[PDB]
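Looking at a structure with avibactam (bound form) today.
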Amino acid sequence: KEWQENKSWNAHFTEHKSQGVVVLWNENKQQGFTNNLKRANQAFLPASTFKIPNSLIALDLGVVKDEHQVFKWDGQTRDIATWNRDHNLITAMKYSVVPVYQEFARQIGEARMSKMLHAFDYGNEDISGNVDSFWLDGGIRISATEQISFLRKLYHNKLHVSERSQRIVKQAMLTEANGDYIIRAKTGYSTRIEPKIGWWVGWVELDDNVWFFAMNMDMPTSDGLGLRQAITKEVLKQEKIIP
Amino acid sequence: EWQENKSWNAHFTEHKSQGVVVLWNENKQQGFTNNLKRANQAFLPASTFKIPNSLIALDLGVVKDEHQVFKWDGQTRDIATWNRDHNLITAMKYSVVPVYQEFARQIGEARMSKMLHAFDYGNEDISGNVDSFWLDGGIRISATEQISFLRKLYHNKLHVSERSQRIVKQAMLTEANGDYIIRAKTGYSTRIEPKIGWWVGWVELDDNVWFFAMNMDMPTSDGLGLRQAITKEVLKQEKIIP
Ligand SMILES: *C(=O)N1C[C@H](NOS(=O)(=O)O)CC[C@H]1C(N)=O
Ligand SMILES: *C(=O)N1C[C@H](NOS(=O)(=O)O)CC[C@H]1C(N)=O
Ligand SMILES: [Cl-]
Ligand SMILES: [Cl-]
Ligand SMILES: [Cl-]
Ligand SMILES: [Cl-]
């Protein structure tokens, strides 16, 4: 059976006084699992998880030459200290540097952004709003299941951009690696339209399988942001995917 | 420029051990070592040779990509992890010699010799069995020459495709967290004296990369854990990793 509900995972949200969904996909078995089939299919603003398609499009169009090209700080002091400094693609992804990605989106422009999101079958494919903010307060929406379908295409180099573009973005997604697993992922935090939600989307590479994941959770304040990873890892540990 | 830091000898002494750690600061273009003579001593690369071997195999099409499966030949060997199917990523991780011996046989002596010349790799001498020269043949490379080769790989400057270089750097991934990424390969030269352990690679930080190459005397497999442990003690002392 393709999609299966595991209500036992709700204990991981309950135990943190949280509400959300975790979706897993077993690539070898071509089967998916979720605590909440309805919420797995509800669409939300992608917020910073949009850095994955934005990175791909920027590299494929040559807006970003490679993962070492330096994007100079514009000398405007912002809220997040790690943003007030020079970045390359690796560090801009790591510190989720919005102003770097805003400039990419402006250089890409509305016409190319729209065509590439259709080509990617990415969420509702709707870029209505400002070209440098639609993933934060515009028309674009994506579900946890639609994140999985996009990431599977990236993993297999099946997106309609160069293999090189896809390999570079997967490098930039690297989050954790040890002798047991590799996680390639991207966090997000949608705050401008209700409900406020946190995301964590990506995959776990094991020796002989890959488990795709997409989670979102209600995030009324920034206090709970560490639960995006903590809850996903509690589910991965339950299912014996990581130790 | 090069500098000797004898204080790192303490990390070797404490584990009753002899060897060398070489570090290269890419931003400053400066090298550091506990032993300048040993930094330039050339040894058999043993399993560290999997780095150039993978590059050549990918560039020639002997390996199509990092997913291609190399089926176990059915010969039961001493290392349990070798007695199973592998791809490039797991073959590097478990250092599966028989997979790399088959690559070498398909590359062949002529293309292997030419490619090591193009890479400026060590003494560029493949004398011996085409499928064992890096374990018991004539090839020799120093810790400083390992760093030279790795800097070219890091910058995509080796004369193979960018794609081959990106795949091998993916396969080298050893560790990553919010502080650092290590891309590296271990080795153990067991067949020709002196028996030594290797660890070569680099640490990626937000705004610098530190290349490293270490080797140490390894009279038995009991001290293999020290290859990483002594290197990490030097990286901590130098405030490169927490
Ligand atoms: C992305 O969702 N954003 C940028 C930055 N990212 O941190 S996250 O990756 O930990 O979610 C701050 C939150 C958010 C934004 N406010 O634009
Ligand atoms: C490579 O040097 N070798 C293959 C294998 N890997 O050990 S490693 O951890 O040093 O990579 C065993 C040692 C050695 C060999 N015996 O050929
Ligand atoms: Cl963003
Ligand atoms: Cl990687
Ligand atoms: Cl080998
Ligand atoms: Cl490439």
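In what follows, chains are A, B, ... by sequence order, proteins preceding strands, each numbered from 1. Per deposition record, X-ray crystallography, 1.6 Å. When a ligand or atom number is given, it counts from 1 through the structure's own listing order. We use all heavy atoms of the structure for the numbers below, so side chains are in, but hydrogens, waters and symmetry mates are not.
Location of avibactam (bound form), all copies: ligands 1 and 2. Most-contacted chain for avibactam (bound form, ligand 2) in this structure, per UniProt: Beta-lactamase OXA-48. Lab note: other chains with heavy atoms under 4.0 Å from avibactam (bound form, ligand 2) -> B. With the cut-off at 4.0 Å and only heavy atoms counted, the binding site of avibactam (bound form, ligand 2) comes to B/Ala46, B/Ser47, B/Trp82, B/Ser95, B/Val97, B/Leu135, B/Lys185, B/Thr186, B/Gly187, B/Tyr188, B/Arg227. As for UniProt beta-lactam-binding residues in chain B, a heavy atom under 4.0 Å from avibactam (bound form, ligand 2) is present in B/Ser47, B/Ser95, B/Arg227. Here a covalent bond joins avibactam (bound form, ligand 2) to B/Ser47 OG. Given atom 13 (C) of avibactam (bound form, ligand 2), the protein heavy atom at minimum distance is B/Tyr188 CB, 3.8 Å.
Residue-ligand proximity, B/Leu135 to avibactam (bound form, ligand 2), at heavy-atom distances under 4.0 Å covers atoms 17 (O). Inclusion of B/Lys50 in the set of residues having an N or O under 3.5 Å from an N or O of avibactam (bound form, ligand 2) is not warranted. Checking only distances, B/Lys185 does come within under 3.5 Å of avibactam (bound form, ligand 2), N or O to N or O.
Counting only heavy atoms of the protein, atom 3 (N) of avibactam (bound form, ligand 2) lies nearest to B/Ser47 OG, 2.4 Å. By the 3.5 Å distance cut-off applied to N or O atoms, B/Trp82 is not counted among the residues near avibactam (bound form, ligand 2). At under 3.5 Å, a nitrogen or oxygen of B/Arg227, whether backbone or side chain, sits near a nitrogen or oxygen of avibactam (bound form, ligand 2). Taking only non-hydrogen atoms into account, the UniProt active-site residue of chain B lying closest to avibactam (bound form, ligand 2), to the nearest 1 Å, is B/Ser47, 1 Å. Taking every non-hydrogen atom of B/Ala46 and a distance limit under 4.0 Å, the qualifying atoms of avibactam (bound form, ligand 2) come out as 2 (O).
Source organism of chain B in the entry: Klebsiella pneumoniae. Atom 8 (S) of avibactam (bound form, ligand 2) has its closest protein heavy atom at B/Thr186 OG1, 3.4 Å.
Residue B/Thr48 has no nitrogen or oxygen atom sitting less than 3.5 Å from a nitrogen or oxygen atom of avibactam (bound form, ligand 2), judged on distance alone. Near B/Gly187, meaning under 4.0 Å from any of its heavy atoms, are these atoms of avibactam (bound form, ligand 2): 2 (O), 10 (O).
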